[PDB]
Protein chains: 2
Amino acid sequence: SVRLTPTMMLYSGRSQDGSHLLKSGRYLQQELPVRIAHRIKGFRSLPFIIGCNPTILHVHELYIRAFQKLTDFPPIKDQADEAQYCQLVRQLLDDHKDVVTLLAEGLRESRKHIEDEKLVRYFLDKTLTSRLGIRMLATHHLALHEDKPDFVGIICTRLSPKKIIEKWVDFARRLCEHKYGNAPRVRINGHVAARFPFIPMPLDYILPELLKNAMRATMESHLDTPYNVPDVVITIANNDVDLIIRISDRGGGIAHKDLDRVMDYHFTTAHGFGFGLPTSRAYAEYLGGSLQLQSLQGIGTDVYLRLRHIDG
Amino acid sequence: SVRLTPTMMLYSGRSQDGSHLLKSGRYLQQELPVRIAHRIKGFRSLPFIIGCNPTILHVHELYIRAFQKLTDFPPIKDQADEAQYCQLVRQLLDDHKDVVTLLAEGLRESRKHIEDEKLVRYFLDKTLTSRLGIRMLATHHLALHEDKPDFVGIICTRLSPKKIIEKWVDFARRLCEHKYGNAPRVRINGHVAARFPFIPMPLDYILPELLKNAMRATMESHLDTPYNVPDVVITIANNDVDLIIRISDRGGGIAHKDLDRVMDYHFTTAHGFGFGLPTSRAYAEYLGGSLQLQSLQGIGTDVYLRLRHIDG
Ligand SMILES: Nc1ncnc2c1ncn2[C@@H]1O[C@H](COP(=O)(O)OP(=O)(O)O)[C@@H](O)[C@H]1O
Ligand SMILES: Nc1ncnc2c1ncn2[C@@H]1O[C@H](COP(=O)(O)OP(=O)(O)O)[C@@H](O)[C@H]1O
Ligand SMILES: O=C(O)CCCc1ccccc1
Ligand SMILES: O=C(O)CCCc1ccccc1
Ligand SMILES: [K+]
Ligand SMILES: [K+]
Ligand SMILES: [Mg+2]
Ligand SMILES: [Mg+2]
């Protein structure tokens, strides 16, 4: 039993013997090295000047190491194997946890050099999303060893969009109060009672990115009245095709002169790395959804996150 | 006074004082470093795996050296400067004389690795033609120091297509007799008496390449009667727009299965490097002409070289 992801499946299975764990493990063992190989080919095809960057080189090496360890691992025959594969997966997850940051820093300068601006976008888009895919499958396998209720692996059986939004609201508010002394309140409307099966992992990246953006913009446009700023309003629309989360702020909007730039990696007006929007959009599209911006210059911004529903 | 080349001009000038030599020299001094820089940017943007190839790296270094020496050279103020610049130009010409071969060998293997097949074509096309441009301008400057009659620099004032074809016929025949014991005869028809101003340099590359192809094909398809093979027939058409040289052989033609490949760098059915056709076409197009093939599978091949006339 499965839940389709692009070109991949999140194994849904329940054998008491623990058989499903072996099927999963063998799947990963079949799937991971291939995808890592594609990422290594991506590094090999980078413009020479960029690929030679020490940080890019470092990540490049990590990916080779990862491929080495994965391929060196013996075919899984029993729980004892699988149990040990999990140790490797965990080590890999941890070794690669800073990869986005390293890529950002590695490319920040090196990218100025080449003529082809969209080449880096293509590379980052492809790399970050393949990576998300890899870490999802990996994390899902590990999660099958857990006995969390309302979870089949990383899949929440009854996810509440409101609850997960509130989780990331509290988080983003704190960051914001720390830097500004206050934070916009956030109201949530629409299908606030919706519950459905869903993988929270993408939400856990995207939502805090969008919230940080909205809060920062609200504060930086109300520097005279930090004690009194307009709410951020979030609207949940749940239908049979997709989930829509609209995040509306009164933070003055995105300027016409920045509009063409904000979806570029490394672009920022400063929370300062410039990856939030491009990464979030790439993630959404990778999962079959989208991320769209509506700027009302001089008033604020509406951001629309759409994510497809799990088939089944 | 000038003769236009793409984005560049072949200085036509005649001062007795030797003033025109300074204008030329200063032009080169202005023009060469820029074009070398573009080629260096081309090397920097090569796929990392290819750019790391030791031979590619070597050529890459040559180009940097070339840029260093050119930029380090002091602005030209007098004949004594110019005279010394010429020494540098000559050294560069000679240091870079094997560059095409080095690139061919450097890429032969490295190119298999990347996904994008047309990326190397674009690189070679751009590099080889920029290089041709550079060596033409350079050689032209040096040639302005000569007192050859019917030559203004590298420009023959009264070039005879028949004479230059015959030059390369004798050359290609010898190569061919050496390898096979005989060589097709060659007949030349059409405007055999034409004479007009023209830069022979491109002809000196293209013609021997096309002739070698035609002769090899004729022999390899007449292995039973090497002592008696069908002529190669060359037709000259001279009009006001362009010069057309048609090289028809009865060498059995280019097979349908090879047709899509023959214009690819490194493709060969063996005179064995696989650069003749792609280089020749790139050269022709760079100069505003073209190179077109008509295959009659089972009979032979017609090759059409078109080169624009010098405006003025
Ligand atoms: N809700 C918003 N309101 C106003 N401006 C925004 C909003 N979201 C993003 N921006 C602008 O787009 C830029 C890119 O955002 P992002 O990709 O998250 O990078 P960062 O937040 O690190 O600057 C921000 O620097 C900011 O100028
Ligand atoms: N006149 C011709 N007749 C038949 N085949 C030809 C002719 N010219 C070229 N070819 C084919 O096209 C291929 C590519 O030619 P070229 O680029 O000159 O490389 P090379 O001669 O080094 O093989 C040759 O290997 C040969 O198969
Ligand atoms: O996270 C990344 O940067 C890419 C994936 C590293 C990894 C491989 C296999 C399993 C788990 C993690
Ligand atoms: O020939 C090449 O490979 C490229 C040109 C080297 C050169 C530079 C300046 C002048 C003369 C020659
Ligand atoms: K950005
Ligand atoms: K070829
Ligand atoms: Mg941000
Ligand atoms: Mg040839």
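We name chains A, B, ... by the order of the sequence lines, and we start the count at 1 in each one. Order of appearance sets the numbers: ligands from 1, and atoms from 1 within every ligand. All values below were derived from every heavy atom in this structure, side-chain atoms included, with hydrogens, water molecules and symmetry-related copies excluded.
- The name recorded for the drug at ligand 4 is 4-phenylbutyrate.
- Within 4.5 Å of 4-phenylbutyrate (ligand 4), most heavy-atom pairs belong to the chain that the PDB entry identifies as [3-methyl-2-oxobutanoate dehydrogenase [lipoamide]] kinase, mitochondrial.
- Chains with a heavy atom under 4.0 Å from 4-phenylbutyrate (ligand 4): B.
- Closest to atom 10 (C) of 4-phenylbutyrate (ligand 4) by heavy atom, among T127(B), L32(B), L137(B), is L32(B).
- With respect to atom 11 (C) of 4-phenylbutyrate (ligand 4), the closest heavy atom belonging to the protein is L92(B) CB, 3.8 Å.
- Counting protein heavy atoms only, atom 5 (C) of 4-phenylbutyrate (ligand 4) is closest to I134(B) CG2, 3.5 Å.
- Proximity by heavy atom, under 4.0 Å to 4-phenylbutyrate (ligand 4), holds for none of the UniProt ATP-binding residues in chain B.
- In chain B, UniProt K(+)-binding residues less than 4.0 Å from 4-phenylbutyrate (ligand 4) by heavy-atom distance: none.
- In this structure, atom 6 (C) of 4-phenylbutyrate (ligand 4) lies nearest to the protein heavy atom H96(B) ND1, 3.2 Å.
- The residue-level binding site of 4-phenylbutyrate (ligand 4) (heavy-atom cut-off 4.0 Å) is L32(B), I36(B), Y63(B), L70(B), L92(B), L93(B), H96(B), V99(B), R131(B), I134(B), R135(B), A138(B).
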